[PDB]
Each structure stands twice: as C-alpha cells, then as structure tokens.
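Structure, fluorouracil included.
Residue numbering in chain A adheres to the PDB entry, whereby the residues present occupy positions 9-633, 697-746, 756-1298 in order. Order of listing sets the numbers, starting from 1, for every ligand and every atom in it.
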Amino acid sequence: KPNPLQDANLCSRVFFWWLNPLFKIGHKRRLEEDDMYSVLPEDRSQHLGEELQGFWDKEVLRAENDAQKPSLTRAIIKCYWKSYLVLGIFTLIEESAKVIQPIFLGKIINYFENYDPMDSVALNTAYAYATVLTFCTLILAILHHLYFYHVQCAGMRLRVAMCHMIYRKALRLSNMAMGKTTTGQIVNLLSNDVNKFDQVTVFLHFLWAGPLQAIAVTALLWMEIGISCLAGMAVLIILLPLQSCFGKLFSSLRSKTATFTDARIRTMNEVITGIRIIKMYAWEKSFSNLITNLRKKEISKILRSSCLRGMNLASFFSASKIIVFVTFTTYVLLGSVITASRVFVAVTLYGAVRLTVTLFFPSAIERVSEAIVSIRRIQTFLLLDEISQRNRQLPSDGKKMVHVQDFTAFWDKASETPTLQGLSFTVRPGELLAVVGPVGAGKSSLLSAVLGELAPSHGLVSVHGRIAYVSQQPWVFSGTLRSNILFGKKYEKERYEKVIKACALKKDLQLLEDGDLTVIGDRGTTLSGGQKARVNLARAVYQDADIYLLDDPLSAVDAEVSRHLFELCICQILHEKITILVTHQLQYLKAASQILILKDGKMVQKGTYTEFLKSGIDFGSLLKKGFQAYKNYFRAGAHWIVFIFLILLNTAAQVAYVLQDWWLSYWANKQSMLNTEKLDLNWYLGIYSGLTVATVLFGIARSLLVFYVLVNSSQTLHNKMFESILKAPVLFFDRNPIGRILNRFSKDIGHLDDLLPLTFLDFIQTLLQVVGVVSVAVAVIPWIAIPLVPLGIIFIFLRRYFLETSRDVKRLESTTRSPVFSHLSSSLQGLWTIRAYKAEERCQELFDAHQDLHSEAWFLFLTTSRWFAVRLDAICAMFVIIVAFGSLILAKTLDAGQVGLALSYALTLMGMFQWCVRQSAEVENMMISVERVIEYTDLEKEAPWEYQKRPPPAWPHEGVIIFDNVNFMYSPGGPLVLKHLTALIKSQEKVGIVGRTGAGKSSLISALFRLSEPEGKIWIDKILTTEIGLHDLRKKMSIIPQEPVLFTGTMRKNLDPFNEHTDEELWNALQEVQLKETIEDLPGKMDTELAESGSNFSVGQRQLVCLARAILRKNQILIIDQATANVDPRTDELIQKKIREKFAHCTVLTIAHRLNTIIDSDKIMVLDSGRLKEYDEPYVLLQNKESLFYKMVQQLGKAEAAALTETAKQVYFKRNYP
Ligand SMILES: Nc1ncnc2c1ncn2[C@@H]1O[C@H](COP(=O)(O)OP(=O)(O)OP(=O)(O)O)[C@@H](O)[C@H]1O
Ligand SMILES: Nc1ncnc2c1ncn2[C@@H]1O[C@H](COP(=O)(O)OP(=O)(O)OP(=O)(O)O)[C@@H](O)[C@H]1O
Ligand SMILES: O=c1[nH]cc(F)c(=O)[nH]1
Ligand SMILES: [Mg+2]
Ligand SMILES: [Mg+2]
C-alpha cells in the first residue's frame, strides 16, 4: 500500500491532484480497508509516542529537580512549537491578503466613477488592479486548504501521541490505582476527551490573528470613511457579550429540559420492557395519558429553546445590516457625502471583520479552554502511581527455585488485619504443590502475591524465570481463537495438535463455524465460561513455562472434561515443572504431592494426602463456613397555506436584504449625478431605515415561524407514531428487540426535535443568500448568464462525484474507531494475566496497529474533504474573476455603485457557498431519522378496542368456557402450536394444566387474551369471543403472570391506575394481603414512590400485589401462571392458601410446572404440543396406568406419587361423596 504523498510535486500537492485514482475507485465501487492508503512513516503512532515519552520524561525530571508540579502543557508546547510556528506565518500572510483585498476593490471602483471613454492608461491600471485582485482571491481560495490540512494533521499527530501515551500508562498502573479509578472512566476519557485535540488545533492560530485583524481593519476604515468606524466597531463588539448571554441561557434551558427528556426515556423503556403485562392489564390508556402529559411538558421547554435558537440565528443574519446602517447613518449625519467607493469598501470590511470576530474568536477561545481542561484531566490520570519494577527483565542465572519466608503483605496499608500472615514455603520443579482453604481466605491473594503484584511488607520472596499464570475469572481478548491460544508466540503445528488433543477442545472446534479461527468479540459473547477457562488453560500449557499458577480453573466445568484435563495435562506432563494449584474440588487432592491448609491468612498444616488423612481433619467440613419523506414531513407540520406563506416571507426577507445595498447604490448614483443644491437627506435616510427595520423584522418572523412549524411537525409525528405503536400486535415487539425499538424513541425523535429545525433553517437561509447574490450578479450584467449553466452543471456533477465516495469513508472511520476502545477494555480487564507474562510489547504493538488504522481513516477523511473544498473554492473564485472582468469589459455602459454592489457580493460569495453545500450534505445525511420515524408511523393495528356490539355489563354471569377446534398460531406461515382443542369449562370450577414445558401452556392464555388472532370458535357464556372488544374482554378476565412486575410510581397508581376504588377498600384488601404492616412504615402512607420493578421488594411481595389487584378487580374468571418458581416455601404456602380461600366462587385456570399445587384440582387439561389427550378428574386419570398424567406422576418417584395419589383420592371422595 504505497503512499502517493511520497511522490507528489508541490503543484500537485496544493491542488490535491493525487486523490484522483481513489475517487475513481470510489465512484466505480464501494470502499474497504483493502482500498485504504497507508500513512506516512512519520505519522506512525510508535514514533510520536517515543518522542512524547522522551519530552514528558525530560520535563518531569526537570520538575523533580526544581521541586514543583509538572506540566503536560509545557511538554506539548516544547514539543510542537518549532514545527507549528511556520503555519502561523502562512496564516498571517493569508490574512494580510484577506484584509488587503477591499482596498483593491476601492481602487477599481475609484477607476469606475471617474470614467473617461477615450482614455487608455486608466483602463490599463484598472486591468492591473483586477488581475492583482485575481491573485488575492486565488491565494485566499487555493493555498488556504493546504494550510488547513497541515493544521489538522498536526492536531491528528498530537491526538495519536496522547492516545499512545495514555494506553502505555494504563497498561502499567498499580492495584491501588485500579481500585481508586475504574475501567469505565479510563476508556471514557480516551473515547471522548482526547478528541478535543482534533478541534482545538483548527482555530488555535486565530488567537493571535483576531485582534491584529481587527486593528488593521479599524485602521483602514479610520483612513477611509472617518469617525463612523468607531460606531461600527462598537456595534459589532457589543454582539459578543450578547452571544455569550444567549449561549448561557440556552445551556441553562437545555439542562432544565434534560430531566424531562430522561424521565420520558426511562418510562417509555419501562413500558416497552413490560409490554406483555401492560397489554394484559389494559392500563395502556393510563400509560398513554402519562406519556402525553410528559411529552407536553417537554415540548413547552423545547419550544422555548427553539425560539431562542431562532432569535439568535436571525440576529446573526441581521447583524451586518444593522452595523452598516448605524455606520452610514453616522456618516451622513456628520455632514459628509456618499460616493460609490467608500460605501462598498466599508461593507466588505465589515463583512470580513464580523465573520472573523464572531465565527472564529469565541469558538477558538472555548475550544482552547476545553483542550486545557482535557490536558488537565489527562495529566491527572498520568501522574498516577506505577508498579515498582522487579528484577529488571532477566539478570538471574535461571535459579529454578521458588521460596517465600516470613511473608506478610497488605492489600491496603490502612487495614488492621493483614490478608496473609507469615507465609513460609518453598517449591522445586517436579513438585505438585497445592493449597486448600475456605473461600475468600486469600488463596487467590497468595497466588497474586507470588505473581509479585502484592507489595511484600515483611519477609522475602524469591521466584525466578518467566511465569505462566491463569486468573480465576476467564479472560480472552477479542480476535481469532487461534491468536488467543498462540498469545503472539510463533506457531508450531505439532505443539498445537498436542495442546488441542490434551485440552479436549475439538468439541469446541467442531461446534464453532470457523473452528480454530473463530472470531470472538468483547467479554466472550460468542462462547461460554467453561470454554473460556479451557482456552485459558490451553494458552497456559502452550506457553510451556516452568512455574504454573492456577486459580480455580476446574470450578465452572463438568466432571469428564475436568478429569481428562487434570490427568492428561498434569499427571503425565506437569510432574517435571513447578506447579502451584488451588482447587475447591477435593477429589484431585489424592494425586497432589503437597497440600497446604490456609485460613485467616495463616498456614494450618502442610503435608501429603495420607498425612492429612491420618490427621483426621475433614476438608469438606473446612470448606463450609427521497422526496416523499420531505413531503410527508412538511405536511405533518401544517396545511400548505402556511408553507406558501413561509416561502413568501423567505423571499421578502431576502429581497429586502438585497434592496438595502441596492438603495445604497442608488443613493451613490444620484449623489454622483449632481452639480449649491443639496440632496434631500430625509427621504433617503428614512427609506434606508425602513429597509433595515424591514430586514430585521422579517428575519425574526421568518426564523420564529420556521422553528414553530418544524417543532409542531415533530410533535405531531411523535404523537401519531406513539399512538400507532401502542396498538401494535405483540408479534412486532417479539420480532424487534428492545434496543432497536428504543433507539428510534431516544435518538431519532431527539434529532427531529433539536437538530433538524435549526439545520434546515440555516441551510435554507444560506441558500437564499447565495441565490440572492447570484441574482444580483446576473442582474447587474445580463451576459453572465451564459457561463452560469456550465458552472451549475459542473457543480452538480462534482457534488454527486464527491458524495458517492465521502459516505464510504465517513462510515469506514466510524467502524474502525471501535476496535481500539475494545482492545483497551479487554487488555485492561486481563491486566493481571498480561503482566504475569513478561510480554507486553506485543500488546503495545497491536495497539499501535489499531491506532495506525484509525489514523489512516482520519487521514483519508481529511484529504477528501480538502479536495472537495478546493474544488468549490476554485469554482467560486472563477465566478469572482469572471464578474470582475466582465464589469471592466462592459464598463462603458455601467455605473460605479451598481458595479461595486455586484463585485462586493461576488466577493462575499466566498465561504457562504461552502457553508451552504456543507449544510445541504448534513441535512440530506441526517434526514434518515425522520425516515425511520415515518416508517414507524404506520405499523399494523390490532382489532379496535371498542366494537359496535357492546357486551352486557353483567356478563359473565357464570363463566362457561367453550373450546371448539381451537388452533393457535404465533405468526402467519408458522407452526401450528395448538391443534383442535375441544372442551367445556363449567361455572365455579378449578382446572389444572399438566404435561411439560413443550406443550404450549401459555398458548392457551395468549389465545384467550388474543395476543394474536387465533383460529377456531371459542364461546364464553354463549358469546363468541371474536365479537367482544379487547378492552371489553381483557378487563373482565384476570391473570397473575409469569414474573410479577410492579411499575414505577406510587402504590395507588401501580394497583388501581384507573382509580375506581376507595382508600378503605385499598387498605382492607392490602390487609388480607398481610403486607399492610409491611407498607405502613414508608415515608409516605400510601404515596411512596417505588424503585424499578420493585427492586426494594421481593418476588413474593410482587405476587401478593398481583393477587391484590386480582381480588380488587374481582372478575369471575382468573388465570394463574406458575405462581411458584424459586420463591420461599413460606410465601408459597401463603399464596396458595390465599388463592384457595379467597376464590371459592371464582373460576380459575391454573398452569404450573409442579403437580402438588394442582393435585387437588377438580379437572385438568392434558396437553401435549397443543393436542388435548385426556380430560377427567386427576384421580380417575391416574387410575389408568396407561394415562400420560400417571406417567408424569411416576416420573418424579414413588413416595411423592403416593402422596399425590392420596391427596387426589381424598379430594375425590370428599367432593363426589360428601
Ligand atoms: N483487589 C483486591 N483488593 C483487596 N483484596 C482483594 C483484592 N483481590 C482479592 N482480594 C482478597 O482476596 C480474597 C478474595 O478471593 P477469593 O474470593 O477468590 O478467594 P481466595 O481465598 O483468595 O482464593 P480462591 O480464589 O482460590 O478460592 C479476599 O481475602 C479479598 O480481600
Ligand atoms: N415468542 C415466541 N415466538 C415464537 N415461538 C415461540 C415463542 N415463545 C415460545 N414459542 C414456541 O411456542 C411453543 C410453546 O411456547 P411456550 O414457551 O409458551 O410453551 P411451554 O414451554 O409449554 O409453556 P410456558 O411458556 O408456560 O413454559 C414452543 O415450540 C416454543 O418454542
Ligand atoms: O463562511 C462561513 N465559514 C464558517 C462558518 F461556520 C459559517 O457559517 N460560514
Ligand atoms: Mg481467591
Ligand atoms: Mg413455554
């Protein structure tokens, strides 16, 4: 991958010519890492990191010498100033040209108003001034982009060096430092804060260019016009504190609305998660009411924020007109006269100085402040303590011995109890030493202390040679499994075969698709704990070390793999090297050569297994303690009348803005065509003031109207799509994951609320300004129309060409920015294992490779943007030059003011055109959010909540249930879960459900509740179920679900959301719940707000609340879903006794995984994969030995079978023969 920047002439380099092959490839097909362009060797991360290491270490040596604090800022400056000053020189000369251009404009105009048809020397001077103006425009619009690239490349180099520094420091930090900090912040700053370096460098050079430019412009204007320069500069400067005040107010309002935004996101996540339960309880009306209220409360604040944003933007639009109006009002009232030169000189100078002062200086100052904060945080992290080096790399002469004497170490020095006390043990190669103790006694602490990560407070420790160690928690860095096993060591086929046959990993190889080359992501999401432990053991054994340390490696695996691993990896292999192992399994201690008992940090007994057996101490005892999107989006706002009014207001404001300078030109022309008689100042000043105030008012009104319409459209879209999704069937929510359905609630709507209105308004404003300037340029000289068509077609083709390649780069960089973060996270998580081996330069090298790839993506992203910018500026400069030369060529018929207006607007098209193009690209890129929202607008709807045929309020009188050829089906074109159910359910009877967790169980509940449209005929009290509205059906059929889930809020709403009960009834029912005393201790008597899903409550309390809601809704027909899964037997017997003592007159359908709760049931469905097999009394069912219910009973055993038979028979005799 050669870098063409190596072979690039300066003429080609300035024009960015070398990117032509890459852009041709991007047009032909897509982009990928293969098409990537390798970075310059100087741009590599390793060299920058080495330089920054040298400089930072030098300054910290200086700081230690001088007895003072260090300075990352000082190090960075002393590293980069010598190579950053030349770009400052270049920006100085560029700004000199930028400020000298209007003087040449004034000279050319000065030629115009003194026209002489027969003169030639004046025309030659005019051409000379025009061509030096061409030089000025070309140098402003050509070399500026190369300077910008070099500035941003210096910033990128700085960011890369800082990242390499922070990773290198993180990989070599101490245990106390890790305890103080966390893996979250340490990746958070590297992901967010360091990115300020790629933005601060861009505006940095304007700190020393702003005031100098302002002073130069002020001096020029003081020379040109007179006293009005002070007034103009004062008005322009007063804008800045106003900008700061609006920024502060907007930030405060955004912080105020953030809490409402977070509350809405949290509650909508909650309803999405608990959507099956909320659908089965028919509280979606209350939830929709709450969401609507919160949405209105949020929309008020965001409407205020949008209004403030629009006011700020309109004030920006009218600032230049206000400044020039004040300046010229002072100019005329002082007693001076108006010509056609000074007018446009002042206008252009104001444009330039206003742009610099308002758009660059404050952004530069705030980015510098943010970068200083970033450097302060980075140095705060960097000055953290470091692990003391041990025995350098390897000076020892092998010394294959391990010894520990009088060892007492502290995990923390502040604690009073040493973790381990007075360790004394030595081990030799070929010894199978082991340690056994209670969980948490410090065996892992002993292992780590041997690893050297624990500072020896007392005694001596001597371990020599490279060490292989396995952590208790499995760790695998993301990548190919072969790479994880190899650890970076060279590949040996026979060794890999021996390891793979010894570790019994062939099963994992054949299970995984790629086998040995399978890709594993973060935290081993593609594998299991046992597989990860086996992988770690395989890596350790392949390392082929001398001292082996294992921390409970066989705990999270089965017996066969554990015995195979232990035997055929130690008993015939590790009997020659140093082996220290800790196990919670006592079976393997027979083969252990040495065994130690450790508890309370002190040794108890060390010896052989037979010696411990003779001692009589029990180890076990010790172990136990497009366009249509635009059309719909704009229609959702308001009717087209408001749209045409808005476009008319846009046109009126733009025409007034142009007419202000046109009136200046007309005033200059009329003054020139004179002669004493004096022009009536009142008329012209009044018309000028009227035009200026019209511009300001129309801009304000336009911005407010645009924001109002867009915000109203967003609100209407959100309401419509939420109302649509709330009525969506459960199939949509089963198919779409929770994260996917919440993404368009938390992100797309957010963008539609706070970014699309402003961005669209800014784009339309810039487009109107550009089209107005071009219209002026055409109107002044009608002949400029001819080149305009080729210019436009060339621009359109260029935009398409650049956009067909920019998207690929912008997505490739985003994709490539994640692996560095993943690598940092995984390496930090496995830091103990990483430092156990001497190998860390390899980890540094892979980090360097990932950083190089990310920097390569950044480099291409920079170069493509610079190429597009230079092409656009070339076109704009061509326009400027053609306007100027046409004006000079046809000067015999024009006049000074008209020419000046034309050429000044041609001058100011610079930057405006670029901003318009960039904002158009951003808008067409980000429209995808409302595309997703409108896609969510029209999900399919279920049956209407209320039918025309309203059921009688008294139904059900009895509760007879009829199943007639009932077939349930999860989705169309899917398996038939239920097959022709035919049964009758009488009034006030108890029905059980048997079988297995493969018969459907919940399928019947889904059919009755109609989560999905079923097939067949079901009659409830001689009424066909399909003819009852969903709210008129589910409201009168209660259920206690799989997992009870309480909802965020108070108990009052969380029990009776629709509020048809009384406080006395609430307290009474809660008293029979027996949680009344449990709840009458909270800060609120009954209004205490609960945590998420009752985190402070127990599952039994959840079940009690559910049965409370059931008894309060007191419908005849109820269903219970596996009331006990892992609940304590006390709360179990409570819930069964309540359910059997409160529902004597209520029909109940019971489903459960255990027969004891349903052995007393009068009747039972026998279900098998949706097929009804038997239906009779349970004792009659078990009377037949061939019955499947009897087989299920006999599966458990005999004594429980006998008890169930006794209970069923006594129920049968008591009921049938009273
Ligand atoms: N980062 C740490 N800071 C303080 N103490 C620690 C740290 N890591 C481990 N420990 C100590 O290690 C013990 C917890 O280890 P663990 O529960 O894994 O059992 P163990 O007795 O060390 O050995 P084994 O893992 O073999 O069962 C506690 O004594 C705890 O204080
Ligand atoms: N969300 C789902 N989408 C599609 N099929 C499903 C879904 N949930 C379950 N199934 C399938 O439907 C059948 C029965 O579903 P279910 O899991 O309710 O049965 P069960 O185990 O007998 O009951 P329970 O869920 O009460 O334990 C099985 O084949 C199961 O794989
Ligand atoms: O010409 C411009 N340059 C930079 C900007 F941010 C902007 O709005 N306009
Ligand atoms: Mg431990
Ligand atoms: Mg199931």
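Taking every instance into account, the structure holds fluorouracil at ligand 3. Structurally, the greatest contact with fluorouracil is made by what the PDB entry calls ATP-binding cassette sub-family C member 4. Lab note: chain A, UniProt TM segments from N terminus, heavy atom under 4.0 Å from fluorouracil -> 13. UniProt assigns most of the residues of chain A contacting fluorouracil to the domain ABC transmembrane type-1 2.
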